[PDB]
Amino acid sequence: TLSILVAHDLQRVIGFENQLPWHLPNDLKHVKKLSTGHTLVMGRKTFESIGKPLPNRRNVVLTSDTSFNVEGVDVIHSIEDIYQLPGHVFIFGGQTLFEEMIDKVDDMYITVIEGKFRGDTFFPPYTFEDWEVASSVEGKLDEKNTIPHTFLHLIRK
Ligand SMILES: NC(=O)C1=CN([C@@H]2O[C@H](COP(=O)(O)OP(=O)(O)OC[C@H]3O[C@@H](n4cnc5c(N)ncnc54)[C@H](OP(=O)(O)O)[C@@H]3O)[C@@H](O)[C@H]2O)C=CC1
Ligand SMILES: COc1cc(Cc2cnc(N)nc2N)cc(OC)c1OC
């Protein structure tokens with residue numbers, strides 16, 4: 001079972017200067033809830049941004065660097081390694097990985113950030129011609145969570 005897990009804004013921005021462009025604690029809860037007890041696959045830059053492996057799941061980082069051997073983290077050096085990994089695997093980011101995997105995965109858990117941010121990295125265009133909406137849930141707003149956002153589960157038609 002292979003999934004994409006991603007938050008993108010109205011113009012498919014995912015990233016600025018190796019950080020998330022937005023502060024949205026709710027979305028990272030959304031992320032914790034989905035991925036706890038399974039597997040993330042991420043590119044090296046995304047891991048560096050995060051700076052340590054997420055607790056209570058398997059962290060796998062895809063990189064060319066053969067001297068990568070970080071405690072708590074498993075390394076892979078090819079895309080094709082992903083399909084070996086057992087269980088529910090979430091493609092975690094960033095741009096490069098989403099590009100390489102979007103045609104490959106079963107389904108996508110998307111947070112649409114209902115806003116327009118300055119970005120330097122993007123989720124690739126996609127159509128709902130190709131993707132069925134299994135669920136669409138409004139994120140709830142409050143003092144800490146102030147950008148409107150929608151949780152999509154899409155399944156490849
Ligand atoms: N909104 C969201 O949900 C998310 C947003 N982001 C954002 O996206 C940005 C990061 O994305 P991006 O700039 O594309 O960098 P990535 O995090 O995708 O990392 C790219 C690196 O991953 C490794 N890699 C990727 N593909 C391969 C391959 N086929 N074989 C071997 N190694 C590979 C390489 O590492 P190396 O060069 O070491 O060989 C490459 O340089 C940041 O701004 C981040 O905040 C990230 C995740 C999620
Ligand atoms: C859990 O914390 C982070 C998570 C992510 C990846 C990510 C974040 N949100 C969503 N919806 N999908 C993802 N794949 C990316 C990050 O920085 C680039 C994080 O650091 C704050």
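FYI, the numbering just counts along the sequence from 1. Ligands are counted one by one from 1 in listed order, and the atoms in each one are counted from 1 as well.
Among the choices benzbromarone, trichlormethiazide, trimethoprim, xanomeline, what corresponds to ligand 2 is trimethoprim. Short version: main partner of trimethoprim, named per UniProt, is Dihydrofolate reductase.
The shell of residues around trimethoprim (heavy atoms under 4.0 Å) is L5, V6, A7, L20, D27, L28, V31, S49, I50, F92, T111. Of all the atoms in trimethoprim, the ones that sit under 4.0 Å from a non-hydrogen atom of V31 are 8 (C), 9 (N), 10 (C), 11 (N), 12 (N). Residues of chain A that UniProt gives as binding NADP(+) and that have a heavy atom less than 4.0 Å from trimethoprim: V6, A7, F92. Distance from atom 9 (N) of trimethoprim to its nearest protein heavy atom, with residue and atom name: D27 OD2, 2.9 Å. For trimethoprim, the atoms lying closer than 4.0 Å to a non-hydrogen atom of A7 are 10 (C), 11 (N), 12 (N). Residue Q19 has no N or O atom closer than 3.5 Å to an N or O atom of trimethoprim.
Annotation: atom 3 (C) of trimethoprim to nearest protein heavy atom, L28 CD2, 3.8 Å. For trimethoprim, the atoms sitting less than 4.0 Å from at least one non-hydrogen atom of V6 are 10 (C), 11 (N), 12 (N), numbered in the order shown with element in parentheses. Proximity to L5 (heavy-atom distance under 4.0 Å) selects the following atoms of trimethoprim: 12 (N), 13 (C), 14 (N). In terms of protein heavy-atom proximity, atom 19 (C) of trimethoprim is nearest to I50 CG1, 3.8 Å. The contact set between trimethoprim and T111, taken as ligand atoms under 4.0 Å from a residue heavy atom, comprises 11 (N). In this PDB entry, no covalent tether of trimethoprim is modeled. Most residues of chain A touching trimethoprim map to the UniProt domain dhfr. Ranking protein heavy atoms by distance to atom 18 (C) of trimethoprim, first place goes to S49 OG, 3.6 Å. Of all substrate-binding residues UniProt records in chain A, the ones placing a non-hydrogen atom under 4.0 Å from trimethoprim are as follows: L5, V6, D27, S49, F92.
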